[PDB]
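Data first, discussion second: the structure below is written as structure tokens.
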Amino acid sequence: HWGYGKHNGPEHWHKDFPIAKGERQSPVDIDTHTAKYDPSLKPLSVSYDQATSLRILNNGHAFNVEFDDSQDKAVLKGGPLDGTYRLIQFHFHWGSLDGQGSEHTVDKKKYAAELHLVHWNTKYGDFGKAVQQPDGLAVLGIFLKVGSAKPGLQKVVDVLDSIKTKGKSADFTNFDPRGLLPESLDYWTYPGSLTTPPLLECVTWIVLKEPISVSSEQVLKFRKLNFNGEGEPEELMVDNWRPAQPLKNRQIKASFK
Ligand SMILES: CC(=O)Nc1nnc(S(N)(=O)=O)s1
Ligand SMILES: [Zn+2]
């Protein structure tokens with residue numbers, strides 16, 4: 001089954017998921033000089049004050065923090081979006097070294113990791129229906145660079161020891177995702193896809209310009225997780241990122257000049 005190894009990594013995915021070679025795949029390189037400023041784009045509206053986190057899970061490819069999405073508690077609106085998108089989970093992609101890890105790149109620059117806050121369009125009723133629609137998901141992408149620690153991330157880092165291996169989960173309540181946002185909400189946006197199988201082309205990507213900084217010690221703890229289940233041979237969970245895909249017939253728009 002698929003993964004990030006030499007024998008099952010992204011270059012192999014198309015054999016089981018032919019849409020991997022599709023017209024609106026993600027991630028992409030953001031060429032800052034070719035992106036188009038669009039004055040018609042609205043500011044993002046992030047309403048996370050009533051967010052209810054439930055659980056943190058190692059699913060064998062990353063760790064996910066899951067939220068209660070049975071009501072409009074944590075929602076994303078505005079920007080390029082029509083309607084209301086509910087937060088369902090966030091996760092990260094990261095590297096084995098500080099010079100790599102992000103999925104998106106900016107003028108070919110890679111960051112140490114990338115945070116994805118995944119939201120689904122409420123008009124489709126559930127997440128499973130949403131992924132079948134071209135406007136079904138909105139994913140907010142935030143870059144991480146190594147520098148000073150991010151206090152708001154430390155609660156996540158401290159629980160990782162309890163979900164070291166695939167399939168382990170832990171109760172993870174009262175986490176406030178607002179502590180993971182940068183100061184500015186300036187963004188680029190383009191139409192794209194999930195970056196893991198099944199690679200469905202259902203995502204409006206919103207990638208923030210401003211990275212957040214985390215400390216070397218914080219990212220080091222991500223790299224101690226395992227792809228494998230308990231009792232299996234240890235494989236460190238690192239480099240769980242898909243390389244940039246061709247832009248083809250898409251334009252990246254910027255909310256700022
Ligand atoms: C269930 C779920 O959320 N699946 C996802 N697959 N890829 C995602 S990402 N890397 O594009 O945010 S989210
Ligand atoms: Zn992701």
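One is the number of the first residue; the rest follow in order along the sequence. Both counts, for ligands and for their atoms, begin at 1 and track the order of listing. Determined via X-ray crystallography, 1.7 Å.
Drug at ligand 1 (options edrophonium, acetazolamide, neridronate): acetazolamide. Measured by close contacts, the chief partner of acetazolamide is listed under the PDB entry as Carbonic anhydrase 2. For acetazolamide, the other ligands and ions with an atom under 4.0 Å away are ligand 2 (zinc ion). At least one N or O atom of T196 sits closer than 3.5 Å to an N or O atom of acetazolamide. Per the entry, the source species of chain A is Homo sapiens. Distances below 4.0 Å separate heavy atoms of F127 from the following atoms of acetazolamide: 1 (C), 2 (C), 3 (O). UniProt's substrate-binding annotation for chain A and the heavy-atom shell under 4.0 Å around acetazolamide share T195, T196.
Below 4.0 Å from some heavy atom of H93 lie the following atoms of acetazolamide, by number and element: 10 (N). Within the structure, acetazolamide has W205 among the residues with a heavy atom less than 4.0 angstrom away.
Counting only non-hydrogen atoms, the residues of chain A annotated by UniProt as Zn(2+)-binding that lie closer than 4.0 Å to acetazolamide amount to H91, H93, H116. In summary, the atoms of acetazolamide found under 4.0 Å from a heavy atom of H91, numbered by their order in the structure, are 9 (S), 10 (N), 12 (O), 13 (S).
UniProt active site of chain A, nearest residue to acetazolamide and heavy-atom distance to 1 Å: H61, 9 Å. Most of what chain A uses to contact acetazolamide comes from UniProt domain Alpha-carbonic anhydrase.
With the cut-off at 4.0 Å and only heavy atoms counted, the binding site of acetazolamide comes to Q89, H91, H93, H116, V118, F127, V139, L194, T195, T196, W205.
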